[PDB]
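Overview of a structure with dimethyl fumarate.
Numbering of chain A is taken from the PDB entry, so the residues present carry the numbers 415-428, 434-579, 583-712, in order. Note that ligands are numbered from 1 as they come in the structure, with each ligand's atoms numbered from 1 the same way. Worth knowing before you read on, the calculation uses all heavy atoms, side chains too, and leaves out hydrogens, waters and symmetry mates. According to its header, this structure was worked out by X-ray crystallography, 1.9 Å.
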Amino acid sequence: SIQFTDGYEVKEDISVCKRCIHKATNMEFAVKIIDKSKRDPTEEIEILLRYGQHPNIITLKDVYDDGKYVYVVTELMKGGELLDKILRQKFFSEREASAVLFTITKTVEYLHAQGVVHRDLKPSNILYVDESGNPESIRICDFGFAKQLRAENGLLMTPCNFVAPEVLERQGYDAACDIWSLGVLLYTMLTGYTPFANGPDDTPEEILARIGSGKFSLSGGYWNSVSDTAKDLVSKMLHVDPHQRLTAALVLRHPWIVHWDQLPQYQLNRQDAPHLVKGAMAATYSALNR
Ligand SMILES: COC(=O)CCC(=O)OC
Ligand SMILES: COC(=O)CCC(=O)OC
Ligand code: NA
């Protein structure tokens, strides 16, 4: 009945994502406009409906379906990408890096336990809702690739009936891939450069050759100022073998997360090239998805 046009005014582009105005309040929101002939966003909407009330998951405000497009209205992120803000802070410290990773990983731990893998958890999908710089303002966004574990009969399941074994191991693989991207995030927060790519021009083959070799530098340079506890966690999040990589639950038990209050609060020594990083990250995830 009531359409999206009726309660909202559409504004500039930000699937297609636009800014909009709720007419009764003049508050502003984001709407993701989804072409039903391209893809079925039932999964994405079910996940946002069930789980968007989490303080650190993007919150769903309104949904409409006109038969062509689905309109998914959410809070509008006004604080930009997390990594963009953090890489431009000269005085950022491991203690702040740990508070950020804690907030994010606690959210991922909750999702995985509810049977949800994100599958697109790159840094540019992790944003700040406002400019406060507070970890509470973090939001994980874009669940367009996420998946709920289900049984054969359609019944929502949690990893703790009958689910096909290859649905389970694939879910396991997907959850590990989620943690690996949080590893990429951590590495980059600590040093100002990404682990597998130097810039947007790195070839996909060389990025994948680095990923597949399971090796990345944890010593020297920007890493001289960084604690062993941090390096240890990074190494266990980026481990190339998903069977050996930490889970979200184990990340939260690492002393770098638990003992944050013993972490150095002096400034990290980092590359300052946030725009280079952005292109290196895009190159890294392009190589991955192919
Ligand atoms: C309402 O959803 C959007 O505005 C799409 C963009 C996005 O979520 O990027 C992280
Ligand atoms: C299929 O993609 C993934 O498994 C992402 C994580 C990963 O590449 O670890 C090496
Ligand atoms: Na939320």
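Across the structure, dimethyl fumarate can be traced to ligands 1 and 2. Contacts with dimethyl fumarate (ligand 1) are greatest for the chain named in UniProt as Ribosomal protein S6 kinase alpha-3.
Closest protein heavy atom to atom 1 (C) of dimethyl fumarate (ligand 1): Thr493 OG1, 3.3 Å. With ligand atoms numbered from 1 in the order given, dimethyl fumarate (ligand 1) contributes 8 (O), 10 (C) to contacts under 4.0 Å with heavy atoms of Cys560. Using a 4.0 Å cut-off to heavy atoms of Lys451, the atoms of dimethyl fumarate (ligand 1) that qualify are 1 (C), 2 (O). When only non-hydrogen protein atoms are considered, atom 6 (C) of dimethyl fumarate (ligand 1) lies nearest to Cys436 SG, 3.2 Å. Each of the atoms 1 (C), 4 (O) of dimethyl fumarate (ligand 1) lies under 4.0 Å from some heavy atom of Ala449.
The UniProt domain of chain A that supplies most contacts to dimethyl fumarate (ligand 1) is Protein kinase 2. Closest to atom 10 (C) of dimethyl fumarate (ligand 1), if we only count protein heavy atoms, is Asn544 OD1, 3.2 Å.
Under a 4.0 Å non-hydrogen cut-off, the residues that form the binding site of dimethyl fumarate (ligand 1) are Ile428, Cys436, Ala449, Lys451, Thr493, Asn544, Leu546, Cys560, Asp561.
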